Structures are given as structure tokens and as C-alpha cells.
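What follows is a set of notes on a single structure, which appears directly below.
Within every chain, numbering begins at 1; the chains are lettered A, B, ... in the order of the sequence lines, protein sequences first and strands thereafter. Both counts, for ligands and for their atoms, begin at 1 and track the order of listing. Basis for what follows: all heavy atoms, side chains included, without hydrogens, waters or symmetry-related copies.
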Amino acid sequence: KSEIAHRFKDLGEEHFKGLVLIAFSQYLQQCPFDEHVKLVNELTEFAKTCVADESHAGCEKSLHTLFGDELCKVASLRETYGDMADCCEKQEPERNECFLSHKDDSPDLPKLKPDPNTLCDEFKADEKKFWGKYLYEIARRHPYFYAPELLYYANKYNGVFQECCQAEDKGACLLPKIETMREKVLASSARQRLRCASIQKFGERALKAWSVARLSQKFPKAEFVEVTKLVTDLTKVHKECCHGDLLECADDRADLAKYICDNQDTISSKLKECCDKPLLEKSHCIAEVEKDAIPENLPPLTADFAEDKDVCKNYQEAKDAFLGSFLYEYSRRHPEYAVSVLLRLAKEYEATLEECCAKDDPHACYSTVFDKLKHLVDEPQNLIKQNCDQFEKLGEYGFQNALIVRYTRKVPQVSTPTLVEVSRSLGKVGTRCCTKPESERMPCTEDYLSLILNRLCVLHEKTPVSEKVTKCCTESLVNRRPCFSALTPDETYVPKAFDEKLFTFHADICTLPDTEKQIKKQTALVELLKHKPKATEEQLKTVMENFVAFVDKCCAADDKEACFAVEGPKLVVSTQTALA
Amino acid sequence: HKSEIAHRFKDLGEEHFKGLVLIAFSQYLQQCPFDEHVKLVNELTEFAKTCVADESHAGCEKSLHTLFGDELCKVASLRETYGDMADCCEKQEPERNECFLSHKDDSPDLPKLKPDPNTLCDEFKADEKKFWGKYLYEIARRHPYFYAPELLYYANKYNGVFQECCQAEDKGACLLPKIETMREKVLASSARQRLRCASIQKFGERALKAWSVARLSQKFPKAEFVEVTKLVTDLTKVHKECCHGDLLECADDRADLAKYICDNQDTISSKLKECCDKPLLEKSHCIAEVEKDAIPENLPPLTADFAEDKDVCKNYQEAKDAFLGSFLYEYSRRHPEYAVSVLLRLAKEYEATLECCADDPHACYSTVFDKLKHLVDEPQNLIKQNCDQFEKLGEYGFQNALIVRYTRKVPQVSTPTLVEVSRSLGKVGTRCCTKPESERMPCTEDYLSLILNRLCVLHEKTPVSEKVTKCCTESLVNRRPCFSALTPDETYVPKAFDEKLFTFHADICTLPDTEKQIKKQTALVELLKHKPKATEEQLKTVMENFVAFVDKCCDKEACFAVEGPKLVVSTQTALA
Ligand SMILES: C[C@@H](C(=O)O)c1cccc(C(=O)c2ccccc2)c1
Ligand SMILES: C[C@@H](C(=O)O)c1cccc(C(=O)c2ccccc2)c1
Ligand SMILES: [Ca+2]
Ligand SMILES: [Ca+2]
Ligand SMILES: [Ca+2]
Ligand SMILES: [Ca+2]
């Protein structure tokens, strides 16, 4: 009768406290760590009270009710967060959707530069708080981070500091490990955000479809009804995470991990290795598991979904069940496809049935449906065949630079900091993907774009300025990459007026770290194309060069500032000659 | 009435009271977080209020050290953070406080602070006072001997720069110049107070007293010696109290002195009226840096009263310090141009000379006045050679020259001290050498005593060189000559070669400009430790070849990676 007692019992105090802490850090992103801790314990103490006495006053409230009551006691709330304190005026579930809406997906908080020595002492100073501070720093930065998975990563973090803090040159031991891990974490955020976006913007069934695709690939051996059960459970888990119900999300995720291990036979043979780890490690392992072998001799899809005479009758009888079935069959025997394409394929199959089952001889129309699809599979490979195999010549950094011009021309109205962050990430696919077996590029890249493109839609949808982008993001989820790739620059676009401040540079530029410097450098490329929408392709190879030669002189010459002072106006006036 | 904490709370009013208390904690517990110290200021501030209501309430009669220290001893994280410092709680006052003082870090190795005008302007308008307190905290924790009342004043100026400049468009361009100039005034100010503190601690009260007789007699040459004696004792008490952590009383006593001074401008100075009409902190600041009043018209020659006279040794033996002060009084009022360091040096000899009045005293001590003014003319050459030295090389080149000279003198000294010191010396070139040549000698004499003190104070903790200890401990007045006299000593056995010292990374390119120099000057230091007898011409070849390294590389990882080992072996061939 007490949701909070139940969750404290099911998860135990340590995890309970971490999740609860993750919750605050994700709602109240600009609040300080020591405060949120203050808020975690009393809620923990309170939870202890209702497990002792479950009929005590208030332990029968929902966790949203109880958690939200805490947020609404935050002294600095309207002062720190403003309009968010309006949320406190509402009733559940409205209060919580209001709070959710104020989650900053671009909290513009300070990048964490880790000094191995100053960190390792804190680690040994206090382990558990070290772990907590980790949960906090990542969650505030990714307000939709998959919670139980964040706990897993905090654990992994300590072990890296646990086992690399007894060294001489710690720093040489650490940085590589923590750089690799934070890459995994970035990805993990991007995925969960996509799962969140599908639900909010395309409804539950969009995410179900996605889950069907993923699981049917990994467990091609399992029966469709088995796969369905995993889908609803897993969807509920994500629906819960994406709504802030972290304790319930975590608890349910654990319950799902068990069911899966308890039923390996009907599901997969590659499970035997995961289902023998501790809970967090187990679930991560299950999520990353290798796909099982496809079953032996199976009827072609054409049989049950095209040639058969009763498809419209079967489809009309239970549309979603029937479509899920199609997605099941298609995916289990095609691990090579990206789940993104599979959805694209099923979305198509649905539209034709809608069309054809309405015509006079519906079977005449649909019999050919596998002729339209078998093309949708071919469309993507080419768009992989011109680029990563474009990519080798330019290399990565060059490639990103190639992309900024292309996308900026596509959608110039987009905020610069967005184009930069995005454009960078698209280029990073090559190092990410195109090194892979040429066979598995397509799932990898189509799967990464769906992540990067989502990031774009989520940044844009708040401060919306470009209709083409709204169109591509909003129209469909499966077709976002096609909608965006299909984009062309509009001669309607009126070029951005010149602002010296954009093209002016200071000694700070040299005193920058290597990467951020690129962004500060890449930002300017962005501004030019906004300024000169119809610029050409080779002067850029010269205009950047005078620039790369510019920064070197100044970073070289003695008076670190003076060159910038006199050199700087020169490049603009030269490059402003070359503007035509 | 019988409660010191009531007494100070009434005398200063709550706002100064709270800042000063925060300064104290911030100076004792330098590595503790700002909000923690805040919690401690209030608890003590509420308690303080209780004793003004009821002065007979329990504990209101305890000393401030009892009360402040009892608070230091409730900190849960004290031994974990500070180690032996938690031993201090086991002691009784006054031993507990002398123990806490001993753990004050003069080199707290805290993060250099880069102010981002947006982030700061956000904080400032957000909350004025916590912004104000946070300044007090960051400065105090970095200078645990900072002159407290003066620190409050600077907090005020900090906020005023933010009342302005933040209501602006390009905030950063309005701000950065202002906070940067002030950051110099504060740094200087710290070095001074660190000096006044060290004089007392290591040379006693009268040492601090002699300076003051000089400093004040210059400023108020109109005042009679007795008035000055009155000011001197008052002011010495002020600094003794600050230097001992007795901040509330320091502030309270300083104010009272500022008041007294305004009430007697007539008997003291004509240049006071512009100060004596400001708010309290500003007033005190202004009085301190006020312009020297004009010397009165025609007064007796010095030779007259201190030599030709028949009772010079006998009057002297009757009251040594008083008579010696009179000398310091009289000599100083008529030499506004001289450096206080020089006047003490002069007084120090005259004392050394006075110690000859021991068969026919009148005969020996008649020639003393030609000996002194030799001491004034002595310094002048090392100012031309250094200022002409500096003029040629520029600052940065000059600092590098200094780094080499001193690394030669005292190789055992820690690398970071040598670097920190030489730099500040080089800035003397820019600080003084620009002035009209007539007045170059005093200004240069004045900053050195500050910088040289900073060396003794850093070394005095982890003492590794017999040479500096001798000079730091010998005398306060003669520290400047002492150091000049030492020459690199063949006793020194060169430091074994360590590649870790001379390897370079891409960070060297990405550094702010200031650290950039420090990493190189650091590298330069370590070389002379390795090769003491390198020559005055090879090094510029090593530096020429060296700056001819970063230019190529500044890969980014691979060249440094191979270039660096190449340069190491180059400098290692031509090293002889
Ligand atoms: C999104 C991620 C997850 O939310 O964990 C995922 C992806 C693919 C398969 C599974 C899965 O089957 C699973 C179920 C229970 C616990 C762990 C993994 C999970
Ligand atoms: C050390 C500094 C100071 O302690 O402020 C200083 C220098 C010179 C003169 C005075 C002074 O006479 C004074 C007295 C009362 C309040 C303010 C200044 C003070
Ligand atoms: Ca933002
Ligand atoms: Ca429920
Ligand atoms: Ca130190
Ligand atoms: Ca006292």
C-alpha cells in the first residue's frame, strides 16, 4: 500500500538513494550537490519510516506526489528556476508534466576537466560521495539519462579510480579510461533521449515498434508472442524512465532482467553469459548482448504478407498485432539492417495495405509490395557509398568542415552553436562507423544518425526557427534521415549581415585547448556561410588556410596579442575582397 | 563592559563584524569551503548578539580566542583536511591559538582565479553581499596575513566596480582593466602586511615600532615627536593585533586611531581634511596613503643635536630607544624622499656607532655623518646597472637574467620560490626604473624589502639553504645588501639530470601567457641547478635554440615527442 516502502525494499538503500539523487539532479539541474544530498536523506529517512510503519501518515502517497512535494519546498526555486515554481500550483499528474517540460536539454554547464590527482584523493577521501557526485554531475547534464544505466556507470567509474589511484603516473592510467567511458556515456544519453522523444512526440506505439525491431534481431529464435511480452515490459520500463519514475523504472528493469534469465531457452543462447552477473552489470550485459543465430529454414516474407489471400482480413482483424508480426518476421531474419530501416520498411507495408485493402481486388495491388520495399533497403547503402568512402580523403576533422557547409546551406536559419555541435557529430560517424566491416556500416550509421538527428530536433523544437527542420523532425521518426538528406538550400535565403565581432579574434584563441578551439574555429566557418550562403568550394580551402596560417603566426610571434590586433583586420578585409 | 564580544559587536556594527569574522576563519582554515565558513560566522554572530542583550549570559566573558577557537574545534573535517592542526584543539589558550597560527599556509597552492565577467556579473546582481563575502573569502584564504580592515575596504571597491561596469554593454572591457589594476594594489598591500607581521614575529615589537616612527615622521613632519610617539604606539598595537588574528580588535583599534587623527589634524597634518571626511573604511585607507605634508620652513641641522653636543652618549645611555627614535624622528621628517628601509639602515648604523662613546666619546662620534650618507650613495650604482640592464633586456628578458643570477647564488632553494621571487624582482624594473632618476633609489629599495621578505617567509618553512636563512634572520634592515653580496658558491654540486624536467607537451602551447613564462622560467631554473657553471653566452644559444622549438611545434604531439628529445640532446651537446 506504500509505493515508497516497496521501492526501498525492492532496491535497497544504496541504489534507492542514488536514483532519488539522479531524480533531483535531472529536474533541478542548476542546484548544488550538497543541497540535493540534503534532500535525498530525509526522503530516505521518510521512506524508512513507512517501511517500519506502512500505514503511517503519507507513505501511501505516490512517489511523484512525495518527490514533487520536496521540489516545491526548495527555497531558491522561482529565484533560481523562475516559471518552474508555477508548477507547484498544480495537481498530479499535471504538476509533474509541468516540471518535466522545464528540463534543460542544453544546460550550458561547465565542461569537467579532470585533474587525476585532485580527483583520486576525494575518491579515497570519501568513496561513496565520490560515486554520488558522479551521478549528480552526469544527470544534471543529461536530464533524460537512463537512470539504472547511470548507476552502472558510476560503479564502473569508481573501479577505474579504485584500480588506477594506487599508481605512480595516475594521470596516464586514468585519462584514457575516463575518455573511453565518457564516450560510452555520451552515446548512452543520446539513445535514451531518442527513446524519450519517440514516446512524447510519436506515442508509445512508435517506441514499441522500435523495441520489436531491436529484440527480434537479437533473439530471432524467440516466438513472436514471447517477443511481445518483452516489448510491453521493456516499453513500460522506458516510459517510466522518460517520465521521471526512476525508482519504478529501475525496479521494473530488474524484474525484466530476471524474467529474461529465467527464460533463456525460449529467448536466446547468447544469454548464458550475462545472466550470471550482479544486477546492474547483468542488465547492461543483456542490453549489449550478441545476436543469436537465425532459425534454419523459414518461409519467405512474401508468403504470409504478399501472396496470401487473407492479409487484409487478417490485417483489419488486428492491425497492430498484424503489423508487429511483419516487423517481427522481417527483423529476425535481417540483423544486417538498421532497426531504423526496418521501421521504415514496416511503415511502408502499412501504408500500402491501407491503400490496397480499400481497392476492388486488394490482392492485386499488394502482391507487389515487396518490390517497393526491396528498394528502401537499397536507398541507404548508396548514401553510405558516397560518404565514408568520401570521408577517407578528407579525414574526420576535414569531414566535419565539409558537413558544416553542406548543412548550413541546407538550413541556414538554425542556431550556429547547434550546427557546430551537430555537424561535428555527423563527421564522427566515419571514425565510428566506416572503419567497421563494410557490411555493417549501414546499421551503424543509420543507427547513429537517428541519434544525432534526434539531438537536432530536440534542440530546435524548443527555439524553433527553421520550417524545413520542423517539417523533417515532426513529420515522421523513421524518415528523419531521408527527410534531412533530401534537403536543398533555398535561394529564398537572405544572407546574414556582416558582424566583425563574429570574425574578430583574441589571444584567448591560442590559450584554448585543442578541441574547443576547433569549435571556436568551426563556429566562424558557420558564420561565413550564413553570411555568404552562395560561397564557393575552393577559396574556402584557401580562406581557412589564410586563417590556419593566421593563428599560427600570432600563436608563434612574441607579443602574443599584437599580431591579432593588426593581423586580424587584415584577413577580414582580404577575405572581404574575396567575397565577390 | 565585561564582554569583549559585546564590546566589538557594538563598536563595529554587525556588517563589519561578520566580514572580519569570515576573514578570520578564511585565514585559519584556508582549504575549507565558503558556505561552511558562512555557517560559522552566523552562529558566532547570533551568539555575539546574545551577549550585547545580556552581557552576563553564559560564556559572554570568554576571550575572543576562546570563542573563535572553540568554533574551529567543532569542524568535523579538521584533522582529515589539516592533519596535525587537529592537535591544536587539545591545547589551552593562548597555546591553542599560537598553534593554529603556526599552520597558516603562506603558499596555499590554490587555483589561480580567472574571472569570467558574465558569470561574476550574474552572481553579483543576484546577491550583492554573498558576492561581497566571497571576495573576502578568496583573498583571505590566499593571504592569511592580509590586513583585515584594509581587506573590507577592497571588498567595497570590488562591489563598486560591479555597480558600474555591470550595468554596461561590453561588461568585460569595462571590468577587466579595473579588477586587474586593483589586483595589483591588493597584492602589494598583502606583501606589506606580511612584512609588518614578519618584523614583529622575528625581530620583536620595537622593530615594527622603528618603521612607523620613520613612516609617520615622513608623512607628518609638522607633528611634534611626542604626538608621533603617541601615534606610533597606537598603530603598533593595531598591527600586533591583526598579525595575531585578533581582527575584531584590530579593526576596532584602527578605527579609533583614524578618529583620533582627524580630531587633531592641527597638531598632525594639513593634508588630512580630504581624508577625515569620508566613510570609515575609506577614511582609514586615505590617511594611510595621504600625501606627505610639507616640511616646516627652517629647522636645525642634524650634525648639531646628535654629534657636536656634549651629552650625546650620556643622554643616549639615559634612554636608548627614545633617543634613537628621536634620531629616527628628526632625520626622517626632513627626508621625505628617502626610503623607510634606508632610514632604518641609517638608524641601525648610528646605533652601531653609538655602541665608541665607550673614553673620549666626543671625538670618535663627530665623523658619523659622513659615514651614513655613504650608505645613501652606495646603492645608486646597482640601480644604474640594473635599470640599464632592464632597459635593454625588457622585463621578461630581465627576469630571465635574474633567474639565472639567483639560481647561481642559492641552488638549494626550491624551484618555484626561485621562479616566483626573480619574477617579482624583474617587475621592479618596470615598477621603479621608469621614475625620474633622482627618485629611483628609494622606490627600488622599498619593493625589494617586500619581495625579499617573501623569499625569507617561504624559505623559513622548508629551509634548505644556509645562505638565505643567514640573511633572512640576520637583520631586517640589512636584508637587501646581504643578498647582493653573495656569489654562486663552488660548494654547490649540480643537480643530477632529470629528463622529466625538460620534456615538453602540447599544453605548453595552450597555456595562458603568464603560466607560459613560468613553465619556461621553471625549465631555465632546473638547467642551472643541473649545470651551475654554464656560461653567459651559451644559454642565450640554448634559449635561442629553445624558443626555436616551440615555434616549430607550437605533432601537435609527435614533433614535441621527437623534437623535444632532439632539443634535449642538442642542449646536451652544447652544454659542455
Ligand atoms: C534500451 C536497453 C535497456 O533499457 O536496458 C535495451 C536494449 C535492448 C534490449 C534490452 C533488454 O532486453 C533488457 C531487458 C531488461 C534489462 C536489461 C536489458 C534492453
Ligand atoms: C599600515 C597602514 C595602516 O595600518 O592602515 C598605515 C600606514 C601609514 C599610516 C597609517 C595611519 O596612520 C592610520 C591610522 C589609523 C587608520 C588608518 C591609517 C597607517
Ligand atoms: Ca541553453
Ligand atoms: Ca505503479
Ligand atoms: Ca605550499
Ligand atoms: Ca585581543
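Tallying contacts with ligand 2, the largest count belongs to the chain named in UniProt as Albumin.
Present at ligand 2 is the drug (R)-ketoprofen. With heavy atoms closer than 4.0 Å, the chains neighbouring (R)-ketoprofen (ligand 2) read B.
In chain B, most residues contacting (R)-ketoprofen (ligand 2) belong to UniProt domain Albumin 2.
The binding site of (R)-ketoprofen (ligand 2), defined by non-hydrogen atoms within 4.0 Å, is formed by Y147(B), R196(B), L216(B), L235(B), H239(B), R254(B), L257(B), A258(B), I261(B), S284(B), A288(B).
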